[PDB]
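Following: one structure in structure tokens, then a few remarks.
All chains are named by letter (A, B, ...) in the order of the sequence lines, taking the proteins before the strands, and each is independently numbered beginning at 1. Whatever order the structure lists ligands and atoms in, that order sets their numbers, starting from 1.
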Amino acid sequence: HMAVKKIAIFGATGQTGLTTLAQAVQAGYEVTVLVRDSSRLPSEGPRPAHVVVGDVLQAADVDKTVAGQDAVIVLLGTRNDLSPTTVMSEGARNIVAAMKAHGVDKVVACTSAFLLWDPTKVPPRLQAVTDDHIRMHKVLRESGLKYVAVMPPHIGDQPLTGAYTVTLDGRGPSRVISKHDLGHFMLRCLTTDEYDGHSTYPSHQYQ
Amino acid sequence: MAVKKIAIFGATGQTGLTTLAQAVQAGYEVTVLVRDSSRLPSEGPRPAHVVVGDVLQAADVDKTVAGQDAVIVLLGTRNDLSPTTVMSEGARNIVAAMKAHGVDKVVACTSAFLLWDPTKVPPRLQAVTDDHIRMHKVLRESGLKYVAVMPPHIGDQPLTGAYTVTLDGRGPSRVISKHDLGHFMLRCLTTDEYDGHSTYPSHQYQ
Ligand SMILES: NC(=O)c1ccc[n+]([C@@H]2O[C@H](COP(=O)([O-])OP(=O)(O)OC[C@H]3O[C@@H](n4cnc5c(N)ncnc54)[C@H](OP(=O)(O)O)[C@@H]3O)[C@@H](O)[C@H]2O)c1
Ligand SMILES: NC(=O)c1ccc[n+]([C@@H]2O[C@H](COP(=O)([O-])OP(=O)(O)OC[C@H]3O[C@@H](n4cnc5c(N)ncnc54)[C@H](OP(=O)(O)O)[C@@H]3O)[C@@H](O)[C@H]2O)c1
Ligand SMILES: CC1(C)CCC(C)(C)c2cc(NC(=O)c3ccc(C(=O)O)cc3)ccc21
């Protein structure tokens, strides 16, 4: 019945991206992914409708990915690399410009629950990556787009439940969210305007 | 000192716009150098003088620095991904103009990266950070009374006037509102105590 039907997913080959992609395909979305390496997509796994091979640091590649979409999901990250980086904030800059040029309004983007923390209490080893989450959140907040700021705590390997808590504009009662539940939530944000302009912290107790 | 007339370079950026607004509200006679005056707000506080030009033309810079009591430098080129000298070349023009016109006080903003180990700088920001360093040395070698403002993350929180200022080192917090940052650049015009120092404004925003 397709109010939102065509979506771009950035970071679809990552931990959360892969299950977000699987869930999106099963839910009937027509998914376009931007991937650096097509081999990162599972050969047996569910196939997106459209693959763009390129880099989020090329405006041209982002433009090709955002063209014609109804909404954008952002799950960019640096895997376990804790080095100083601007890939997420610069990627978000390109995504914002592409959305504005192509008339896409809705962006659901994952940073981190550390953006709800006292900034001085972030573990030093995570500060470089958190610094770029901060830069990225500022890019998206200042864009004027309909931006849902997803700020998860630890991403785990527990099941899909669809039963997690969503805390608005503050830290939630648990310190973990499964990658499957986080992906479920990213997609849920496509079906409602209630989180637009808010920060959201999904979390759950797996039992 | 008795600072009434200031030039602002970089007035159309995010920090420059609120520094300009606050300077006009406080009563400074502000001159700005802009490439396109349509980039200045049509409403609210407006500067007293507008020079149309850019910081890479020594004549435009001389026209902007002439007659001033102090200079505020809010130049940026963080669009740049690879070696660039716009900021340091601009500071060279500004220093030459201040010397020619007898202007002694410069308050310039670079980045708190200049107070961190260089391995803290993200690779795609190293070029702009390298030119921040070059601009800082151009101003440190100046012999002019130079306050180096080296802020951390610049946020959009409302003005508080309650931030802390750390001297020659990093402070406790890691963010400064663009409004508090502009407030501090203006405060540097009212005192000698920061001259020849690096300054790190920061605050925790409830
Ligand atoms: N407990 C946690 O792990 C945790 C907690 C809170 C927040 N976070 C944050 O949550 C977000 C998602 O985490 P995650 O574990 O699901 O992600 P991830 O496994 O790190 O995957 C990151 C995705 O971004 C892609 N990517 C990186 N650079 C790219 C580039 N230049 N161009 C195009 N794509 C690029 C990656 O592609 P490749 O496959 O080519 O590498 C990958 O698909 C991250 O930002 C993370 O920092 C994680
Ligand atoms: N973003 C951060 O979190 C952060 C943190 C620490 C430090 N800083 C640094 O603080 C400084 C200012 O902050 P910002 O973010 O507000 O900068 P910004 O938004 O990028 O503003 C750039 C300003 O620089 C002027 N400019 C650039 N090249 C010029 C040229 N040839 N001639 C004349 N003017 C020129 C521009 O004037 P015209 O447009 O009229 O040409 C413009 O007003 C920057 O250097 C930045 O790197 C930023
Ligand atoms: C850089 C990266 C991807 C490396 C891997 C780990 C180390 C896994 C990681 C962990 C977090 N954050 C959290 O795990 C977390 C947990 C609870 C709260 C909270 O209680 O608010 C907040 C944040 C953020 C980024 C990262």
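In this entry, more contacts with ligand 3 come from one chain than from any other, and UniProt calls that chain Flavin reductase (NADPH). Matching the molecule at ligand 3 against formoterol, felodipine, tamibarotene gives tamibarotene. The other chains with any non-hydrogen atom less than 4.0 Å from tamibarotene (ligand 3) are A. The heavy-atom binding site of tamibarotene (ligand 3) at 4.0 Å consists of A:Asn80, A:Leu82, A:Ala113, A:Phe114, A:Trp117, A:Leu126, A:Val129, A:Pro153, A:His154, A:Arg171, A:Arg175, A:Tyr201. Remark: tamibarotene (ligand 3) and A:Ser112 share no N or O pair separated by less than 3.5 Å (distance only, no angle test). Of the protein's heavy atoms, none falls inside 4.0 Å of atom 6 (C) of tamibarotene (ligand 3). Of the protein's heavy atoms, none falls inside 4.0 Å of atom 25 (C) of tamibarotene (ligand 3).
For atom 3 (C) of tamibarotene (ligand 3), the nearest protein heavy atom (residue, atom name, distance) is A:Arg79 O, 4.1 Å.
If you number the atoms of tamibarotene (ligand 3) from 1 as listed, the ones under 4.0 Å from a heavy atom of A:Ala113 come out as 21 (O), 22 (C). Looking at UniProt's NADP(+) binders in chain A, a heavy atom closer than 4.0 Å to tamibarotene (ligand 3) shows up in A:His154. Summary of contacts: the protein heavy atom closest to atom 12 (N) of tamibarotene (ligand 3) is A:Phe114 CE1, 3.2 Å. Looking only at heavy atoms of the protein, atom 13 (C) of tamibarotene (ligand 3) is closest to A:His154 N, 3.7 Å. The organism that the entry gives for chain A is Homo sapiens. Checking UniProt active-site residues of chain A against tamibarotene (ligand 3), the nearest one by heavy atoms (to 1 Å) is A:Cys110, 9 Å.
Of all atoms in tamibarotene (ligand 3), numbered sequentially from 1 with element shown, those under 4.0 Å from a heavy atom of A:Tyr201 are 19 (C), 20 (O), 21 (O).
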